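Data block below; observations after.
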Amino acid sequence: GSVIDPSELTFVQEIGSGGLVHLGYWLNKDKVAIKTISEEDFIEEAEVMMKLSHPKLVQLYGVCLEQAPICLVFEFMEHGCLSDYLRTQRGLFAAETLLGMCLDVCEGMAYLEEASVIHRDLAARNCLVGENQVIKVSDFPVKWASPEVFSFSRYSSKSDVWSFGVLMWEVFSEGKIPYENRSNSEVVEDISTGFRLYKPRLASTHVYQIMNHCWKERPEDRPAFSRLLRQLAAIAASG
Ligand SMILES: CCN(CC)CCNC(=O)c1c(C)[nH]c(/C=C2\C(=O)Nc3ccc(F)cc32)c1C
């Protein structure tokens, strides 16, 4: 990828918290989101992302290495984080649009799955909303963790699929907090007993069926993103 000189970056306003995210411009031209900061792990993260090209995965302009704190320079996504966007635009969403959002994410995730990339932190807060409400996965939390993850630390694309199910719930609930007021231990025990998040009003029976398939106890009973994508698309086509 391209190396970016600090002089080429204009930091306009802080927009995110964690490192930090700033609204800015590169070369007095492109609107960018600048993410300031382990330095080597921070850079490698960018290196991985710059070689993964998909319409539903966020893209970088480059890396600014010269001056501490080092930063990553991303494309600007006008509607920000999905979690935030869902909450602010609550009441304006048709079910079809919410399903479309899930499809966008599923597309990105199927590409990552094929590339043998586990996200490990897939959630609406780690998705971004751009031009014409296109959703992109970014940055590629027990409430999003599968049973084999919170118990055995057993990650796979199938554990991402569980996370995606929770993301679907976030989307169809229009940005509600999953398992609100519940402690980590309460989430673990409830899910292990068989508790699943309720069906949001905007989620059809068909959509909820898919959520529950993402929430199967055994990873092998969950669909891969590649197949999940077609299941989601089929519901859209059915009407
Ligand atoms: C006034 C209302 N505002 C418009 C949505 C809300 C404030 N703005 C916002 O929250 C916001 C906006 C408009 N973009 C981002 C973040 C990113 C972006 O654009 N590309 C990225 C690439 C990588 C990444 F890790 C974050 C971002 C935020 C937090």
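Just so you know, residue 1 is the first one in the sequence shown, and it goes up from there. When reading the values below, keep in mind they use all heavy atoms of this one structure, side chains included, and skip hydrogens, waters and symmetry mates. Recorded method is X-ray crystallography, 1.7 Å. Counting starts at 1 for both ligands and their atoms, in listed order.
- The compound at ligand 1, a drug or drug candidate, is named sunitinib.
- What binds sunitinib most in this entry is, by the naming of the PDB entry, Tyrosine-protein kinase ITK/TSK.
- Heavy-atom proximity to atom 27 (C) of sunitinib, evaluated over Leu128, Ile34, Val129, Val58, is greatest for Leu128.
- Each of the atoms 11 (C), 12 (C), 13 (C), 14 (N), 15 (C), 28 (C) of sunitinib lies under 4.0 Å from some heavy atom of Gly80.
- When only non-hydrogen protein atoms are considered, atom 24 (C) of sunitinib lies nearest to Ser138 OG, 3.8 Å.
- Contacts between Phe76 and sunitinib, counted as non-hydrogen atom pairs separated by less than 4.0 Å, involve both the backbone and the side chain.
- Sunitinib places these atoms under 4.0 Å from at least one heavy atom of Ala33: 17 (C), 18 (C), 19 (O), 20 (N), 21 (C), 27 (C).
- For chain A, the UniProt active-site residue nearest to sunitinib, measured heavy atom to heavy atom and given to 1 Å, is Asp121, 11 Å.
- Using a 4.0 Å threshold on non-hydrogen atoms, atom 7 (C) of sunitinib does not count as touching the protein.
- There is no protein heavy atom less than 4.0 angstrom from atom 3 (N) of sunitinib.
- Counting protein heavy atoms under 4.0 angstrom from atom 17 (C) of sunitinib gives one or more.
- From the protein, the heavy atom lying nearest to atom 25 (F) of sunitinib is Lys35 CE, 3.3 Å.
- Of the protein's heavy atoms, at least one falls inside 4.0 Å of atom 11 (C) of sunitinib.
- Residues of chain A near sunitinib cluster mainly in the UniProt domain Protein kinase.
- Contact annotation: for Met77 versus sunitinib, heavy atoms closer than 4.0 Å belong to both the backbone and the side chain.
- For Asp84, the heavy-atom gap to sunitinib stays at 4.0 angstrom or more.
- For sunitinib and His79, the ligand atoms under 4.0 Å from any heavy atom of the residue are 5 (C).
- Of the protein's non-hydrogen atoms, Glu75 O, 3.0 Å is the one closest to atom 20 (N) of sunitinib.
- Residues touching sunitinib within 4.0 Å, heavy atoms only: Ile15, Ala33, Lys35, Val58, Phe74, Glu75, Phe76, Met77, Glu78, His79, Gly80, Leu128, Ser138, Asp139.
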